[PDB]
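The model below depicts Synaptic vesicle glycoprotein 2A holding levetiracetam.
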Amino acid sequence: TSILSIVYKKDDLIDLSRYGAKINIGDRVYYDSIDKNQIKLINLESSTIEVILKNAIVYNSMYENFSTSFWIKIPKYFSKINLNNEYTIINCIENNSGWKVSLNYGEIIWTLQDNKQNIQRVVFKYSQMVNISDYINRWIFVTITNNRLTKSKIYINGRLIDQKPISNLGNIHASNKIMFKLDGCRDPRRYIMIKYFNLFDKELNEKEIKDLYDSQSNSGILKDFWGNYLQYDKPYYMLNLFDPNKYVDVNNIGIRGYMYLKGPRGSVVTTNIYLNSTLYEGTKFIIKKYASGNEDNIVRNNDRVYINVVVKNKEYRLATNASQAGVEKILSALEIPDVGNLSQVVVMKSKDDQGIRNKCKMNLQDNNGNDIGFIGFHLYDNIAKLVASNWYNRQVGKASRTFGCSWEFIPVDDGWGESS
Amino acid sequence: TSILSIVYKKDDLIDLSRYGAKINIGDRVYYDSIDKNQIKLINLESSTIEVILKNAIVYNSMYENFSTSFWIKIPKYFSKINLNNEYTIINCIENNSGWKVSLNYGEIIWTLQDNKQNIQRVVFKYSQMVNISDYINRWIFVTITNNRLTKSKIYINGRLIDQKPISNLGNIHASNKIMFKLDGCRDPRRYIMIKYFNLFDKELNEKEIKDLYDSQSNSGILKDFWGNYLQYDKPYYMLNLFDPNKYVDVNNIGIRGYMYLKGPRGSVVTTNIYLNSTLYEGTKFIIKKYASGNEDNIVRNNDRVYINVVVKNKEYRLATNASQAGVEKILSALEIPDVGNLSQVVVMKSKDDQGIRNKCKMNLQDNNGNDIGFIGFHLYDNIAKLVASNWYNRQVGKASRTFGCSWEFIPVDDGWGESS
Amino acid sequence: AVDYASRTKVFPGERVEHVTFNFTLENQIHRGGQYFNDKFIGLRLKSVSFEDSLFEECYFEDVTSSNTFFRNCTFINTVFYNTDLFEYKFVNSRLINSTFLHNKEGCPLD
Amino acid sequence: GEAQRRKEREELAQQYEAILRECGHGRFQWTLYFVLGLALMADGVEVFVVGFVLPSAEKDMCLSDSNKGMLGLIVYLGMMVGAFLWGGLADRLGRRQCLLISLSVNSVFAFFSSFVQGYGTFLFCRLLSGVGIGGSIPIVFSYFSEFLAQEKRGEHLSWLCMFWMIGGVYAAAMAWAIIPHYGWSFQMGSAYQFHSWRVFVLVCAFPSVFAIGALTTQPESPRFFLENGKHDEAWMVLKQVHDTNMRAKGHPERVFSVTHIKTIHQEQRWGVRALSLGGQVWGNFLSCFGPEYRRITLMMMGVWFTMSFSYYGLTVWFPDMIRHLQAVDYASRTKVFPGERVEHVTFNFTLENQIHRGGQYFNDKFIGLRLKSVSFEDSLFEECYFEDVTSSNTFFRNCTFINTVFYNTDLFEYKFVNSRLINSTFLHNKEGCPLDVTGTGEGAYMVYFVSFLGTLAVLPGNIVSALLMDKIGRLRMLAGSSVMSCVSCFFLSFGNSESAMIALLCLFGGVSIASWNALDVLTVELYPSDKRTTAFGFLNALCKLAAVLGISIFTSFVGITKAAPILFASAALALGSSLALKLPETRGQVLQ
Ligand SMILES: *[C@@H]1O[C@H](CO[C@@H]2O[C@@H](C)[C@@H](O)[C@@H](O)[C@@H]2O)[C@@H](O[C@@H]2O[C@H](CO)[C@@H](O)[C@H](O)[C@H]2NC(C)=O)[C@H](O)[C@H]1NC(C)=O
Ligand SMILES: *[C@@H]1O[C@H](CO[C@@H]2O[C@@H](C)[C@@H](O)[C@@H](O)[C@@H]2O)[C@@H](O[C@@H]2O[C@H](CO)[C@@H](O)[C@H](O)[C@H]2NC(C)=O)[C@H](O)[C@H]1NC(C)=O
Ligand SMILES: *[C@@H]1O[C@H](CO)[C@@H](O)[C@H](O)[C@H]1NC(C)=O
Ligand SMILES: *[C@@H]1O[C@H](CO)[C@@H](O)[C@H](O)[C@H]1NC(C)=O
Ligand SMILES: *[C@@H]1O[C@H](CO)[C@@H](O)[C@H](O)[C@H]1NC(C)=O
Ligand SMILES: *[C@@H]1O[C@H](CO)[C@@H](O)[C@H](O)[C@H]1NC(C)=O
Ligand SMILES: CC[C@@H](C(N)=O)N1CCCC1=O
């Protein structure tokens, strides 16, 4: 049912649909090493992707409803030169008629132009002053639907944000070729990332778009804060979703020392451009593969690994005493050889029992395969210590709201631009 | 016996000799307000003095001996640009033949050139590294004699400096016109002062040269450190000639406070250029007229004046208690209404009884016209206080070498360039 | 109070570059300064005001200030580590790419 | 003729030994021991004074290089002259007379040196004090030896070397207790100043006058009277010794049984007397190099020179290398500031151990700042203003000054190395020396402490030697202690920190003292009473000359390498031990 589906292949980009759209790329188009299927577009002229469809699938009707889906990653806007700088990322307008998606400061805009110059705009606005954002430098699943009789709707991660009637619009023409390029950007260091572009010749409903989001979310693969693939042997800062104003810290080395949530986080500010919180605070949590037989560095679901903690640029190991008081027992970082038989195995969990994707969680287990439980935090004498217990699993069995069993991995990224 | 004598008159320069040489003066040639007879020449093209003699007095012989004399004042050389920059100040050559006076860094040069281009040079060299100099920025009486049979000699302030044989030289031609301008100086801020230019058709002996020096010295008028006229209502720093490394200072105000000689003086240094001593150290002496009926500000010989002393920008008065122990009694600076009947009248002496010019001295006298004596300095328990005693007068009567009764008056000068 | 204002010193046009600092200042106004790549570690500022100044790639550490303000000041790529320079001490100022880390505890107002 | 003289000398020696045995050991010997110990404590004190006062005397007297070294080395030249002079004179004038004269010279010139303000005058006074104290050790040993019987001579003589270390600890203690009080500025005359080191000099001069006061109450050596044909008073001195000993014992009733003593038969005016004195003094000196004593004298020369060279070289080497280690550690901690622009800023600050390279200062004013070991390099000062600036070990190298003013500063022209000043003014310059002088604070304290340790290191070995001097023998103990001294010299490689060198210095000092004691005893017993003091004084002068040579050589080698000092010291000590092993044995004999 898809007309265009740009999917990576052996050092090229092909179309999954049975239409054979011509695809040509520039010499300055970059690709991620681990996740090649995502494409980086930089502010230049040669950084261009042209895709030519067939004349039998060119949008030239008036009652024809259509939709499309993609994943987009927009870095943070750093200076005032990005204000009021509406620039186009994807253009399908010829002779002043077509559909076009474009980006402004904290804005993603879908524009429809008919043969009668009429403009209809659907706008998704995300703030840049928030402490922790779900959109700034993070992958966003953006789709639009366009029903020529009722409305045009924007979906971000499968949820309604905005809708605008398009009944007044007449006949809308479309270009034979589709453009992937930053057009009209005055910022010379501005780039975006895009992947999984799909086009459909009808208005999609909530159920189909949610199914698409789940299918392309790669629920069986771990994800970090930015939405990329989780990897071994890479330092990650820690974030607790239910306590996002504190970071993991250590006090003493060994069992006698405890890892706790220290606060508050700092801020990064540029005087009416952004007032975000610092994500590069705390101690780094490296992941070391233990029993995963996969050759690649990507971390998958149900993997059994070990966790190292970087303290004064020295790698220690996660461990806890299995036999002590209570189930809410204290975790610690100790020297790598001196663990002995202390519990170190952690199972990575991304998707639940029913298969619904959720944020990454770590399950501490012993050598005997007995579940210590999900790693969380609990308050001892006003101090939030890292505790692994089966209480979170008890709430999961009871379908209750767990408190403290979700984590986010923040690696250093160039789209955030915070000094370390 | 004089062929040319450039002297000042009513807003012009004339010749005292009966030859009427034509004089042309440029538009940038200046004059001193008090001593207009001294002429300032700066480093420009319009700052020029032309003197055209008669054809009956142009030097064109070979057996003819001749002399020249003038007073010159050369400011300090401040930087390395002035090094190795021999520049002509007085030019009388034509077709590469004649006599020329020039100045180099710490050098006054007299050059003779015949029709065969044979060059003879007589040089007076003064150092710029001395603590106190008699030549830097001070008026110098230069005389040059040229006897074609034996030698050519230079005289600085009436004493011989150098003599170079000129018997090998042949016929010397001279220009009909004589130059006065700085020719060939790379320094744009370099000037000279000149006064009392005279030319003689014979070689002058020592007796005539000393007579000329004494006549042109104006022995009946007091002179300051730079050689100019001494004036009332002008602040002067004070220097003892016998003890030149200490400056006049005061400790307390009133009779209980004594003026003394504090030391040592500092230094003013430009590396490899000059290492002089500071002249703007100490307490300034202002002179106020009491009985002098002269309308002009110029201090003359035998004048009876009062001496204010500038401490912390406040003018006190010289006085001493006539009735106390010993002859060598301490002088002091006191509030101007407090003086009462203390000995405050002072008589300014420049020349001695016979009329021989010597340095400035002060004779403290009472209201009854009794000579307290010459103001000098004497040491009490290693502190040199100013004492007015008749011991100096006793040595003068005995023709003995007086110690410390001669002073020098140093006002701020632009050719010295020392920061205050 | 009025006498305190009378004894206030004023320092115009002050350039400092690549210098490390500890100092205690009281009752001064520094106007039109220009600081580049300076490290300010452990400084006490009482009634000190910086006006029309420019800090670029500077570094502040262990800064404590009472009645100190940065009015008409511009900060570029600067880092405030372990300081109590809260947001009410920057009056009509412009911070660019500036980071606040490990802020000291204090009341929201003066 | 020679046979008759030898027989007479042997008979005199045997009868003198018999008389001494009859008199016995007792209170008189210990009283003389304490008096001569005061005399030797004066010598022990004298060697530390200039070394302790140099850090203050350099500032108080404007001492440059080649003046600190000569001041440090002048005491040894003084003792080299004095030992020979007084040793030659004592065999013709008496031991006690020449000891009194030498100690009086030492006391007078040490008192004078405490009030001298100049450097040449201080050099002269200290050289004359060294001349006075040079003749202490030879005369003291050759004078105490003539009151001891052959039964216990090595131990009773070796107990006399305790006082040298006692004087060392006294000097160290008073240096600790006097010098650090820099505040004391007693003023007697405006042009002169008296600091604490002059008080230290006076207190160090005190033990010499104490020694003179003690020595005034003792009798002359009877042997000197007997050799010079003077009979009656030698008999009275022996009678006094016997009477004092027996009264102390508790038997004040027995009678001196000696009645007649064998005596050596004797066979413009001021000029004649001086010529004659030079005559037979030269005669004694040459007869020291006679057919009967020519091998022994050469062995003495070799042993004395070698041990003196090694000991004094290492003793002056250890503190120098401690200072070098401290200096290298100081230079390790130096801060460097490359590139620094400061404009229109007023300043007061204190800077220590810093290097500011390539700065640019325009229209700054530097009011009242202190600079310890601060170097400004490749800097540019323009229209600056310095006021109330004090600087120790501060230099301006490759700097450029334009239109700057130096008001009330001590920035003298030697602090501007390869610098260029343009239109710059110096006004009201502070009083100071024309060159650089170093100030020492608590660093002196440790110095004193280190010195104390060295003297304490001497304490054990002395006792051991003093307990075994007669039991094992002179030659064996001399060679044995020289061997451990050479081994300690080899072990110098295993030390590169201050604590390690303190330990090494203590070990070497504790090891060599037995060798020195044995050498003193052997020198005493190897000569007859008529050239004992002459030979001992000549050998002590040789020791002082070797001390000068070793001090110069070993101080020239500090901070270069640690193989030259080890090699030199070990070679010299091995040569000395080899030469000492081929000496005659004098453990049991009559003093002759
Ligand atoms: C603000 O910073 C961003 C990010 O740069 C990081 O953060 C800075 C505070 C500083 O620590 C930098 O060293 C960090 O790399 C700047 O945007 C980037 O600037 C660099 C230049 O160093 C350039 O190479 C990148 O391409 C830029 N990236 C983007 C997405 O623009 C930004 O320029 C800074 N703003 C100002 C006004 O300086
Ligand atoms: C060195 O100084 C002289 C004298 O200037 C004075 O001394 C200086 C130290 C500084 O305090 C000045 O402000 C003083 O006026 C300079 O020579 C004069 O320079 C001035 C310019 O300021 C000029 O107007 C005069 O004509 C100059 N006079 C002469 C006789 O040349 C000199 O330039 C200074 N040297 C350098 C390298 O700057
Ligand atoms: C200056 O600041 C540093 C760093 O905070 C500190 O160690 C030092 O003690 C301070 N100096 C003074 C005099 O307070
Ligand atoms: C200070 O403020 C004025 C206006 O209030 C502005 O023109 C000026 O640029 C500011 N100073 C600086 C250094 O920007
Ligand atoms: C700094 O220098 C000034 C002027 O010399 C002086 O008054 C002040 O006491 C100094 N401050 C310190 C802390 O030394
Ligand atoms: C330092 O000296 C070198 C030569 O010794 C010279 O080239 C350099 O210019 C000097 N430094 C400065 C800042 O001028
Ligand atoms: C009085 C002892 C003296 C000596 N003559 O042996 N000593 C011992 C160490 C250095 C020195 O001169």
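Chains are lettered A, B, ... in the order of the sequence lines. We number chain A the way the PDB entry does; in order, the residues shown are 876-1295. By the numbers in the PDB entry, the shown part of chain B spans 876-1295. The PDB entry numbering applies to chain C: residues 477-586, in that order. The numbering of chain D matches the PDB entry: 137-403, 418-742, in order. Atoms within each ligand, like the ligands themselves, are counted from 1 in listed order. Hydrogens, waters and symmetry mates play no part in the numbers below; they use all other heavy atoms, side chains included.
One finds levetiracetam in this model at ligand 7. Other chains in heavy-atom range of levetiracetam (under 4.0 Å): D. When distances are taken between heavy atoms, levetiracetam lies under 4.0 Å from the transmembrane segments of chain D numbered by UniProt, N terminus first, as 4, 5, 7, 10.
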